[PDB]
Amino acid sequence: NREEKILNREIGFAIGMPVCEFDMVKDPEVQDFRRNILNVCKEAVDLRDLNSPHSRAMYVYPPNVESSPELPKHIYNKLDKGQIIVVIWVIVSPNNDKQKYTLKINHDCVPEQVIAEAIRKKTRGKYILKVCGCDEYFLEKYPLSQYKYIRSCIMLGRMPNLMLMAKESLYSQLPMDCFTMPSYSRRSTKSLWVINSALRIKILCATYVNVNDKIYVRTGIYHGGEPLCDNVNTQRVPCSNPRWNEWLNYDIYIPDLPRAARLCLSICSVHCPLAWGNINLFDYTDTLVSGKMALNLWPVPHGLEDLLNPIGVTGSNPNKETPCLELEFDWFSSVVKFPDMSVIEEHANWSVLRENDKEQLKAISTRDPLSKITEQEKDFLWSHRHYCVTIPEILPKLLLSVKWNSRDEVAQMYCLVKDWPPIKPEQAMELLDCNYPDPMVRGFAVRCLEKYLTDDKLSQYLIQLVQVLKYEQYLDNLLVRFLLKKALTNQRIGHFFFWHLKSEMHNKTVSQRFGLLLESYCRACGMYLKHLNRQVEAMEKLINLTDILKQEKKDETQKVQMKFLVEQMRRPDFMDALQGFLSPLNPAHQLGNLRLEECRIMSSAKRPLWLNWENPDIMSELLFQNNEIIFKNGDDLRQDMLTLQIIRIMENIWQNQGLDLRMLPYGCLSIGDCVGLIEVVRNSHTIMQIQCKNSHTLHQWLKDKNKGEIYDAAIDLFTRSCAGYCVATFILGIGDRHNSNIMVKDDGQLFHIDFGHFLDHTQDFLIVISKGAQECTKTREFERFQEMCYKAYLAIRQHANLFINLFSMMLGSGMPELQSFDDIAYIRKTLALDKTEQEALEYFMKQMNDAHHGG
Ligand SMILES: Cc1nc(NC(=O)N2CCC[C@H]2C(N)=O)sc1-c1ccnc(C(C)(C)C(F)(F)F)c1
């Protein structure tokens, strides 16, 4: 009717292509995916609408809290006998008069326990605490130290500004929104293990094979990246008539193919491959493909080594002009189905010590997921299946020991997975990579993922959990139903879940899968769809604004380029879309009225856009009066977000161990095709600008801005904020540390800025470390700059598996740095976990003393 036709237009605006364009898809899987089996996401809507409007407040404004309630030991010493001073504001007045209160509370006070003391001070479930200057609310019962804002105040010794609002005022801001089902929501066999035959797949011809010496098709059965059998060749034929009509015979027995087994295609010319394509041998209904099939082949491999592409996308190229290879897979005069779990469980049951072996299990468990496991070690893990259960973290290595060529082994391993003890979520994430493709294995991780991930940990790893959706071979699966439910229960999760999918829409390998996912999110996200629509039109206004600035690239600032930006932002169509919404880079920051005098274009080779937005809050001055965000268009920001996510994980590990590393990872998001946003850090200047364009001017600026008892802190933190970025630069192999890539805050805290590429491709810093000494090396303060570095990598080395699992997931992301696992070998190269950290230290000095010529 009218409302359904109305709703379907902004949904197509928020995703970029119409909803009706999904109705013309002929694929039964796509239409079946959109049907009511996936619209059970109404359970998310029913959950968030259950205890309205409190549940709608929790959904719209989810708490930004910490994973661990317990405060670090060194941070607990920053308090005053377990007390934190907070300023409580109660504003009841005609227009703008504000009342200020100061409280003496514990650091772990309940958010509604602050009200009791604040009201008691005023009067020597009615109010809520909002952070002054942003839309952050203390709605959930969590310790104040657990909340990110108050803990960050203890991080830097800042003053926590919290103000009082009546809960009825926030509730009135959340009108009820209901979920309505769409039009398309209305609406024996033969086992695979009973047919005694070998796998036999016919190659007929290539419709539009890319050729301009002979052409042959290279095929192989794969389960992840390992070969499920010997690859089978095809007779070479002339390029003019690539007609093959050959029934290739595979050494793999038909009642031996695993559920996730798939056939990989490769048209090769003599031996350079021409095109690649993977075909799932089964379907989402557990049906082995039969009859004639047509597949359009993807473009020339993936810049990889071997001919086939075992890991990738299982499907036909959306472009119909791509080389199309038609195949006649099977003909058994019946419908052949992969057996149910009950048959498999009985099949496995039918078939069925304190030596160094128990100590060898621990050694294999602690090894990193790139140390190749030898066959004798793989056979070693085979015979200790009943003992590998005692060590839950051996499961990733056990799943590579089992051979998927054998029906009895895979059936035996299935019974292990169901009774396998739950593991840590960080380890369970590796089970969702390109390897480990078995649906029971792939679904085991999700069950532990949904039980042990917190909302903030999910927020840190959300960029990783999205990228592993592509490693799933079907549109409907256990992982997406976990991710979709999370996005429709938390606005903060849903905000970044939406923007991460939408950023990956220009990629036709995932546009079909992500487009269906976005539609299921946009249909049930509630009133946030119009907020998201405002952000989408605000960003797409800037995307065309930056693109039209790229037309006049050869121009200077304070000129045609600068005057075009000034005049084009005063236009009511431009200006209305560019205010009164929530910042894409932070859902709690309202990008209100613009400041045309405070928005400019940087005079750099990229020319990004400095954009300044007022803070429309009655108490905006208590945090910040303006939002500064860098909108740049032309360079990919996916590498930047990954590196900045490593920094956050790196500093969190160091902080929890009593190492007061105080590095600052600035906000970063990717919103489209190499388009993104950067959270500006104010009160910070590039070193290249500090030295106006001598090797002592850097220390002078820090000295005159910190005079008296505060001079030590500008030096105490400068050493700690420079040590953390030298280790992080070398561990991650980040590029040249240009003077323009580094900025230092007013109070000595410095950080690195141009990140991106990594793992490959008399200093004014030192005089500051020695507190202005001419020879820093001989000074005592230099030993603190080195002893703290030495105590640091042990935290990274003890937690190197996390930095490996999180890197194994971006292979299917299109980022050139992480094409293969060989690019993650740099992590174990610069950390050396196979060695001992008694001897891994010596490798670190030999690298710092070679580039810096001693020290
Ligand atoms: C996180 C961050 N904070 C900044 N702060 C200021 O620029 N400030 C802070 C106040 C004065 C002003 C200045 N020019 O001194 S810049 C910045 C940043 C982050 C990432 N890339 C960049 C650039 C400039 C290299 C790029 F590529 F975007 F153009 C900048």
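By the numbers in the PDB entry, the shown part of chain A spans 107-230, 248-310, 323-347, 352-409, 419-500, 523-863, 873-940, 957-1050. According to its header, this structure was worked out by electron microscopy, 2.8 Å. In each ligand, atom 1 is the first atom listed, and ligand 1 is the first ligand listed. Just the heavy atoms: all of them, side chains too, but no hydrogens, waters or symmetry mates, feed the values below.
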*Asks:* Find the chain in most contact with ligand 1 and give its name from UniProt.
*Replies:*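 Chief contact partner: Phosphatidylinositol 4,5-bisphosphate 3-kinase catalytic subunit alpha isoform.
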*Asks:* At ligand 1, which drug is present?
*Replies:*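 It's listed as alpelisib.
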*Asks:* Distance to 0.1 Å, residue and atom name: give those for the protein heavy atom nearest to atom 12 (C) of alpelisib (ligand 1).
*Replies:*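 Checked against all protein heavy atoms, atom 12 (C) of alpelisib (ligand 1) sits closest to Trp780 CH2, 3.6 Å.
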*Asks:* Going by the order shown, which atoms of alpelisib (ligand 1) are within less than 4.0 Å of some heavy atom of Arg852?
*Replies:*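 Those qualifying, in numeric order: 9 (C).
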*Asks:* Heavy-atom distances under 4.0 Å are what count here, so tell me which part of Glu798 touches alpelisib (ligand 1): side chain, backbone, both or neither.
*Replies:*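 For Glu798, there is no contact with alpelisib (ligand 1) at all, from either part.
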*Asks:* Of all the atoms in alpelisib (ligand 1), which lie at a distance below 4.0 Å from a heavy atom belonging to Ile800?
*Replies:*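 By the 4.0 Å cutoff, the relevant atoms are 28 (F).
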*Asks:* Is any heavy atom of the protein nearer than 4.0 Å to atom 24 (C) of alpelisib (ligand 1)?
*Replies:*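 No, there is none.
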*Asks:* What is the nearest protein non-hydrogen atom to atom 1 (C) of alpelisib (ligand 1), stated with its residue, atom name and distance?
*Replies:*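 Of the protein heavy atoms, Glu849 O, 3.3 Å lies nearest.
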*Asks:* Using UniProt domain boundaries, which domain of chain A contains most residues that touch alpelisib (ligand 1)?
*Replies:*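 Those residues are mainly in the UniProt domain PI3K/PI4K catalytic.
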*Asks:* How far is atom 20 (C) of alpelisib (ligand 1) from its nearest protein heavy atom, and which residue and atom is that?
*Replies:*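 Looking at atom 20 (C) of alpelisib (ligand 1), the protein heavy atom closest to it is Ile932 CG2, 3.5 Å.
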*Asks:* Should you measure from each heavy atom of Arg770, which atoms of alpelisib (ligand 1) turn up under 4.0 Å away?
*Replies:*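 That gives atoms 14 (N) of alpelisib (ligand 1).
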*Asks:* Could you check which of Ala775, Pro778, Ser854 puts a non-hydrogen atom nearest to atom 13 (C) of alpelisib (ligand 1)?
*Replies:*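 Answer by nearest heavy atom: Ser854.
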*Asks:* Could you list the atoms of alpelisib (ligand 1) found under 4.0 angstrom from a heavy atom of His855?
*Replies:*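 Close to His855: 15 (O).
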*Asks:* As a check for students: among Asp933, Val851, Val850, identify the option with a heavy atom nearest to atom 9 (C) of alpelisib (ligand 1).
*Replies:*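 Checking each option, the heavy atom nearest atom 9 (C) of alpelisib (ligand 1) is found in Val851.
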*Asks:* Should the proximity of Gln859 to alpelisib (ligand 1), defined as any heavy atom under 4.0 Å, be assigned to the side chain, the backbone, both, or neither?
*Replies:*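 Looking at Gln859 and alpelisib (ligand 1), no heavy atom falls under 4.0 Å.
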*Asks:* In the protein, which heavy atom is nearest to atom 27 (F) of alpelisib (ligand 1), and how far is it?
*Replies:*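 Minimum-distance protein heavy atom for atom 27 (F) of alpelisib (ligand 1) reads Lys802 NZ, 3.5 Å.
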*Asks:* Could you check atom 16 (S) of alpelisib (ligand 1) against the protein and tell me its nearest heavy-atom contact, residue, atom and distance included?
*Replies:*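 It is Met922 CE, 3.6 Å.
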*Asks:* Find all residues with any heavy atom less than 4.0 Å from an atom of alpelisib (ligand 1).
*Replies:*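 At that heavy-atom cut-off, the residues are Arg770, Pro778, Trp780, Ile800, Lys802, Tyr836, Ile848, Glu849, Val850, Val851, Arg852, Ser854, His855, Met922, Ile932, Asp933.
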